[PDB]
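The structure under discussion appears below in the form of structure tokens.
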Amino acid sequence: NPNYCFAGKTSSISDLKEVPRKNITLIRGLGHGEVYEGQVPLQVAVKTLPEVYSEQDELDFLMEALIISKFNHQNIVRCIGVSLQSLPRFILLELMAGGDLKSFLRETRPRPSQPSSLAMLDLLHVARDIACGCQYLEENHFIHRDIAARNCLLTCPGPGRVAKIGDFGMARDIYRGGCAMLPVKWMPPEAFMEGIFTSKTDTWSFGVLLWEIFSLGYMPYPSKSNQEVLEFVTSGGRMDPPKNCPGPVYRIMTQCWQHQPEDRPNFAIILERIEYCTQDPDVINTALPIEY
Ligand SMILES: C[C@@H](Oc1cc(-c2cnn(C3CCNCC3)c2)cnc1N)c1c(Cl)ccc(F)c1Cl
């Protein structure tokens, strides 16, 4: 079985915690590979590998398990273990009842009925949570390559929610796809032009995630296609502030999108700037838009 290296240690599939299949019960689908709520009782999310998939898909599936299993940080989803000795293969993950961040933002947008569903501080806390996860990845020399709202999860819907990075499929592929599937709208110029990835790649992507968060779940670069975005960004074009976005928050975005990677902040600096935003009453007392 293939090996994987993280921090100072090397690992293989034999190192994955095998959970006996008989101890695992599926409860319900969680919007689908497919994903289920399961019990081991320990409440888990079950990621399945379709049996009709290929040997390569098999290897990618296991590699993702290895990757997540080796992280240890509060803002990265935990891997409970795996069930690889029976078909279909399972990966067992921390159950994140709040679901993915993009869906959460879109479904929890403040309304005339629920105008106080979300406030600016909630959004800043989500941003801080994911930045803390990104800082951990940066300091351990791991490049995610696809930081985006769709790949972040929430522990729960309500106020105590914690956001975590949940999906590592892109980093898995590169570790061992088509052009139209590349997340170009989250990528800096040196990434989509030269295939160069560094931690400053993730900084750029985080800026786009910030826009996703403060837009309350809009697709980046409204009305633009991938190729149009490629030309737009290469020429110096950047997104406008989301509706009602505080200047200090938009400033973090535009720093994340500096053309030269050396001019973009690392995640320690991003975290400091997010923290300052949470301290500023003029920022956190800003009302979010209410869609009618
Ligand atoms: C693989 C899958 O895992 C989970 C999905 C979910 C999930 C998705 N949707 N929901 C809904 C369940 C019903 N209540 C609203 C959320 C829960 C929770 N925890 C997980 N570990 C997943 C998905 Cl489906 C999407 C993005 C991710 F980053 C990840 Cl890691």
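The residues of chain A that appear here are 1093-1124, 1128-1135, 1144-1279, 1286-1401 by the PDB entry count, in order. Any value given below was found using the heavy atoms of this structure, including those in side chains, with hydrogens, waters and symmetry copies removed. Whatever order the structure lists them in is the order used to number ligands and atoms, beginning at 1. Determined via X-ray crystallography, 1.7 Å.
- Drug at ligand 1 (options: contezolid, moxifloxacin, tegoprazan, crizotinib): crizotinib.
- Going by contact count, the macromolecule most engaged with crizotinib is what UniProt calls ALK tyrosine kinase receptor.
- Nearest to atom 21 (N) of crizotinib among the protein's heavy atoms is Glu1197 O, 3.0 Å.
- Per UniProt, the active-site residue of chain A found nearest to crizotinib (heavy-atom distance, rounded to 1 Å) is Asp1249, 9 Å.
- Scanning the protein heavy atoms around atom 9 (N) of crizotinib, the nearest turns out to be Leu1122 O, 3.6 Å.
- Nearest to atom 16 (C) of crizotinib among the protein's heavy atoms is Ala1200 O, 3.2 Å.
- Shortest contact from atom 19 (N) of crizotinib to any protein heavy atom: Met1199 N, 2.9 Å.
- Looking only at heavy atoms of the protein, atom 3 (O) of crizotinib is closest to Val1130 CG1, 4.0 Å.
- Only side-chain heavy atoms of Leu1256 come within less than 4.0 Å of crizotinib; its backbone N, CA, C and O stay farther off.
- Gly1269 O, 3.1 Å is the protein heavy atom nearest to atom 30 (Cl) of crizotinib.
- In chain A, most residues contacting crizotinib belong to UniProt domain Protein kinase.
- Of the protein's heavy atoms, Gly1202 CA, 3.7 Å lies nearest to atom 10 (N) of crizotinib.
- Every atom of crizotinib with a heavy atom of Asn1254 under 4.0 Å away is listed here by number and element: 28 (F).
- Of the residues that UniProt lists as binding ATP in chain A, those with a heavy atom under 4.0 Å from crizotinib are the following: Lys1150, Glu1197, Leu1198, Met1199, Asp1270.
- Residue contacts with crizotinib for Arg1253 involve N, CA, C or O but no side-chain atom from C-beta outward (heavy atoms, distance under 4.0 Å).
- Counting heavy atoms under 4.0 Å, the binding site of crizotinib comprises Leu1122, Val1130, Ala1148, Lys1150, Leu1196, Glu1197, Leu1198, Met1199, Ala1200, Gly1201, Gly1202, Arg1253, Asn1254, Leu1256, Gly1269, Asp1270.
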